[PDB]
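Model: Beta-lactamase / ligand oxacillin (bound form).
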Amino acid sequence: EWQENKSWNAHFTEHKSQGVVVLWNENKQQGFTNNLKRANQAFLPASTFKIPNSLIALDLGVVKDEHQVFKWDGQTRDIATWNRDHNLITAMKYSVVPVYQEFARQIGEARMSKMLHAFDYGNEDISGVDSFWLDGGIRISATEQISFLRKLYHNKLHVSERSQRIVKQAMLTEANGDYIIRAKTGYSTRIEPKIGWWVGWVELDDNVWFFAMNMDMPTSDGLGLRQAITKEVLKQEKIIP
Amino acid sequence: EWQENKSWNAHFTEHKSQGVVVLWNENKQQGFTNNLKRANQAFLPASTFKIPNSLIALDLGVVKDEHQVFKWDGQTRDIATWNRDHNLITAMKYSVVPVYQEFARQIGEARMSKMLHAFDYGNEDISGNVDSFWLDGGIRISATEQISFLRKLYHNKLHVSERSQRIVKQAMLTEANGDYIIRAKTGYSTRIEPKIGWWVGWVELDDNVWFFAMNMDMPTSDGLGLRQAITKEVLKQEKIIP
Ligand SMILES: *C(=O)[C@@H](NC(=O)c1c(-c2ccccc2)noc1C)[C@@H]1N[C@@H](C(=O)O)C(C)(C)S1
Ligand SMILES: *C(=O)[C@@H](NC(=O)c1c(-c2ccccc2)noc1C)[C@@H]1N[C@@H](C(=O)O)C(C)(C)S1
Ligand SMILES: [Cl-]
């Protein structure tokens, strides 16, 4: 069912970095990783939390839809792309923390807690309300990411079908005549080790490949590798050209 | 509100072809074409019919969802990609006529008629084969009537369930990167003259939506690449994509 493929370590090594890639071939009901232990190591979700955050916000009417505008509170921050108005689409695309802090506040630790349980999301621990996924108690592994994503793909999370379709739309990262990628980036720097995340899936004509990957991210220089390494692995297994 | 930009004719000319591109800047409530007359000229919709077809099928339970498999009736056809099983996603991606003929048959001329009226879709004329009228029958739609229909689909304003619309928009997904998302549908009409290519859909940006309808003379199947290439060359020029 699960199989180690240590040959993928080469892809981490050649960029002088450590980390895990987990693939799941949906049709064959089989999974593949370069490191079974790290694949099961839990980390802070960072901006990958914006998936379940988005879903809970939508199901509760905190977000009416994906066109609804979230007004810049007018305070400049370090990320240029955060200093302007956003909708759920641009909120996810640009990982706009303040917008999701604001959703989290309206959602409320009571309901957020209930929902993460119902989702079976990582360790279901909200030790913090407006920061817990950045610097608090919540932890999720690569394989628990796949598990959550697989439920989102088949509209099996304990929220309305609409809420899921909207979040999957919002996850749209890349598409052409070969594949569709739906995914969410993450960068956790508050608690060591500093890691990059890329979780989502590859839609083909006739199969779906789910992916969760995290890698050591000591410096923000490496961030390009989250996508590049996952893709190098997807190329190798002839999932994309 | 509407503005002629004859400079775009260059893009048709340079490939020795005639045709129209219609843009609509949603935010500014303004439209742009290389030819106001042709922009209003109606043609057979061809595979662009798969949008309203998909919507009606979904709203009526002919299609349960986008994963549901449509089993190849086992008869080899000219188009390699048609000779295998399909779901609403691959059905749209590869313009699989037989699948949509089959939906049309189940939908039934009575309901298909009512729905195209409610949609205000082109000339609302289904007359011909229930299973062929959008290929060789009576239905006619212009570039501008395409935008109108598309604009309603974008805001989930067609008199069909929101779900049905979301699914068809998903299925329209053609292209996406960190700059833009294109949702669109191709068409090739060769049964009745004049032979034309279609590309209708829209470009999603961070803060705006550009709707596009384009058709061009398509005497030979050699030109088909130009449907996307000319639209893109125009989208480049107006600095909508890089
Ligand atoms: C999500 O991961 C976003 N970042 C955080 O939530 C976050 C950061 C951060 C890193 C760099 C700049 C600003 C904040 N540190 O800890 C956390 C929990 C997005 N990650 C970054 C990325 O490049 O992927 C950004 C710039 C998109 S914000
Ligand atoms: C949709 O328009 C499809 N074509 C037709 O429905 C169609 C054709 C046709 C032309 C060439 C090959 C097969 C069918 N002739 O009249 C009609 C109404 C799709 N058009 C083609 C394209 O290249 O866009 C295909 C191959 C995608 S089928
Ligand atoms: Cl989508």
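The sequence lines are lettered as chains in the order written, beginning with A. The residues of chain A that appear here are 24-151, 153-265 by the PDB entry count, in order. Residue numbering in chain B adheres to the PDB entry, whereby the residues present occupy positions 24-265 in order. Keep in mind that the numbers below use all heavy atoms, side chains included, and drop hydrogens, waters and symmetry copies. Every number for a ligand or one of its atoms is a count from 1 in the order of the listing.
- For oxacillin (bound form), the full set of ligands or chains is ligands 1 and 2.
- Other chains whose heavy atoms approach oxacillin (bound form, ligand 2) within less than 4.0 Å: B.
- Protein heavy atoms are found inside the 4.0 Å sphere centred on atom 5 (C) of oxacillin (bound form, ligand 2).
- Of the protein's non-hydrogen atoms, the one nearest atom 26 (C) of oxacillin (bound form, ligand 2) is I102(B) CD1, 3.8 Å.
- Among all non-hydrogen protein atoms, the one lying nearest atom 20 (N) of oxacillin (bound form, ligand 2) is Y211(B) CB, 3.4 Å.
- Summary of contacts: the protein heavy atom closest to atom 25 (C) of oxacillin (bound form, ligand 2) is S118(B) CB, 4.4 Å.
- By the 4.0 Å heavy-atom criterion, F72(B) is excluded from the residues contacting oxacillin (bound form, ligand 2).
- The nearest heavy-atom contact from the protein to atom 23 (O) of oxacillin (bound form, ligand 2) is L247(B) CD1, 3.2 Å.
- The deposited structure shows a covalent link between oxacillin (bound form, ligand 2) and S70(B) OG.
- Taking a 4.0 Å cut-off on heavy atoms, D101(B) fails to register as neighbouring oxacillin (bound form, ligand 2).
- The PDB records the biological source of chain B as Klebsiella pneumoniae.
- Any N or O atom pair closer than 3.5 Å counts here, and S70(B) shares at least one such pair with oxacillin (bound form, ligand 2).
- For oxacillin (bound form, ligand 2), the residues with any heavy atom closer than 4.0 Å are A69(B), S70(B), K73(B), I102(B), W105(B), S118(B), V120(B), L158(B), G210(B), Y211(B), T213(B), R214(B), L247(B), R250(B).
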